[PDB]
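Depicted below, dihydrotestosterone in association with Androgen receptor.
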Amino acid sequence: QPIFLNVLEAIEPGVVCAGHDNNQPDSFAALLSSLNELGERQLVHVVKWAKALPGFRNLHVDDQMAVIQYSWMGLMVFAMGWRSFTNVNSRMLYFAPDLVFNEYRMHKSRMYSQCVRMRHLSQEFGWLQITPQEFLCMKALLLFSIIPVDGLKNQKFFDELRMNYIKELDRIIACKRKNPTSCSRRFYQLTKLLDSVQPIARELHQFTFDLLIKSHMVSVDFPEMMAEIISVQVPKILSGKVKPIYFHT
Amino acid sequence: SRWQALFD
Ligand SMILES: C[C@]12CCC(=O)C[C@@H]1CC[C@@H]1[C@@H]2CC[C@]2(C)[C@@H](O)CC[C@@H]12
């Protein structure tokens with residue numbers, strides 16, 4: 001019995017609305033303020049999701065908060081890509097049921113280039129024929145893909161946990177394939193996909209940080225948790241104190 | 001802090 005998968009499927013977060021007023025014009029202020037609220041809302045689900053993951057509670061409470069604070073961007077973008085793929089077939093960015101981005105909004109949000117990259121990520125799910133099980137194991141692995149260069153409180157258990165989630169992904173690939181070249185080819189493709197998430201998350205990190213600094217001048221509201229994490233944790237990533245863990249060099 | 005309350 002696939003205990004691990006049972007857990008991942010059982011704890012997968014449901015639908016989250018942004019609360020966007022689709023009646024008012026597509027302004028930068030409105031679009032970004034709603035994206036910020038969506039983030040605040042999804043942050044709640046990411047925390048509950050993570051705490052329910054196999055072995056996560058073995059991490060020191062401070063490390064638990066740390067990995068979530070550093071990896072949320074990538075986690076949310078990856079799940080959004082999956083939603084877009086399965087809903088609008090990756091043709092539009094399905095941030096939330098009430099906040100779907102078309103080309104016009106991509107331009108209005110002033111993050112069109114970033115949206116293009118997210119669309120590409122979304123299309124990869126289709127191009128690679130990623131299964132729901134692969135998606136779930138890969139997403140779980142993204143939580144363990146960014147840490148401080150100086151290490152975590154109990155780095156050793158984080159290392160064991162990360163290793164186990166890699167083992168589970170490899171297992172999911174092999175649990176559906178007999179050929180070694182196929183398994184090896186698939187593992188290569190998926191680790192490459194995971195790596196591609198980081199550059200995108202990085203651009204969004206830089207973008208949201210800059211936006212926070214002058215949010216008062218462009219009329220963009222940042223919720224409490226988002227504001228705290230973006231001014232305290234994000235700068236640690238942008239300054240090089242916290243770095244992603246890539247599979248490939 | 002809603003964040004700490006989220007873990008607490
Ligand atoms: C993570 C979110 C919100 C959750 C999601 O579906 C992915 C999406 C990616 C862009 C983020 C957005 C949250 C708010 C941010 C960080 C804006 O400030 C600029 C980039 C936005």
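A, B, ... follow the sequence lines: proteins, then strands. Residue 1 opens every chain. Note that ligands are numbered from 1 as they come in the structure, with each ligand's atoms numbered from 1 the same way. Atom set for the values below is all heavy atoms of this structure, side chains included, hydrogens, waters and symmetry mates excluded. Determination method: X-ray crystallography, 2.0 Å.
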Margin query: Hmm, which bits of this model belong to dihydrotestosterone?
Written below: ligand 1
Next item on the list: Find the other chains whose heavy atoms come closer than 4.0 Å to dihydrotestosterone (ligand 1).
Entry: A
Notebook entry, point to check: To the nearest 0.1 Å, how far is atom 17 (C) of dihydrotestosterone (ligand 1) from its closest protein heavy atom, and which atom is that?
Noted result: A/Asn36 OD1, 3.5 Å
Check: Which atoms from dihydrotestosterone (ligand 1) have a heavy atom of A/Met73 less than 4.0 Å away?
Finding: 16 (C)
Margin query: For atom 4 (C) of dihydrotestosterone (ligand 1), what is the closest protein heavy atom, and at what distance to 0.1 Å?
Written below: A/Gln42 NE2, 3.3 Å
Notebook entry, point to check: Which organism does the entry credit as the source of chain A?
Noted result: Pan troglodytes
Next item on the list: Select the closest option to atom 14 (C) of dihydrotestosterone (ligand 1) among A/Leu99, A/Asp210, A/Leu35, judged by heavy-atom distance.
Entry: A/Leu35
Next item on the list: Flag atom 21 (C) of dihydrotestosterone (ligand 1) as yes if some protein heavy-atom distance to it falls below 4.0 Å, otherwise no.
Entry: no
Note to self: If we count only non-hydrogen protein atoms and require a distance under 4.0 Å, does atom 2 (C) of dihydrotestosterone (ligand 1) qualify as touching the protein?
What the structure shows: no
Check: Does dihydrotestosterone (ligand 1) have a heavy atom under 4.0 Å from the side chain of A/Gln114, from its backbone, from both, or from neither?
Finding: neither
Item checked: Ligand-side contact atoms (dihydrotestosterone (ligand 1)) for residue partner A/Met80, heavy atom cut-off under 4.0 Å -> 6 (O)
Item checked: UniProt domain of chain A touching dihydrotestosterone (ligand 1) most -> NR LBD
Check: Is there a nitrogen or oxygen of A/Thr208 sitting under 3.5 Å from a nitrogen or oxygen of dihydrotestosterone (ligand 1)?
Finding: yes
Check: In the protein, which heavy atom is nearest to atom 6 (O) of dihydrotestosterone (ligand 1), and how far is it?
Finding: A/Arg83 NH2, 3.0 Å
Next item on the list: Filter the UniProt 17beta-hydroxy-5alpha-androstan-3-one-binding residues of chain A to those with a heavy atom under 4.0 Å from dihydrotestosterone (ligand 1), and list them.
Entry: A/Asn36, A/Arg83, A/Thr208
Notebook entry, point to check: Which residues from other chains neighbour dihydrotestosterone (ligand 1) at a non-hydrogen distance under 4.0 Å?
Noted result: A/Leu32, A/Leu35, A/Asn36, A/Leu38, A/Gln42, A/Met73, A/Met76, A/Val77, A/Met80, A/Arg83, A/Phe95, A/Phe207, A/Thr208, A/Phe222
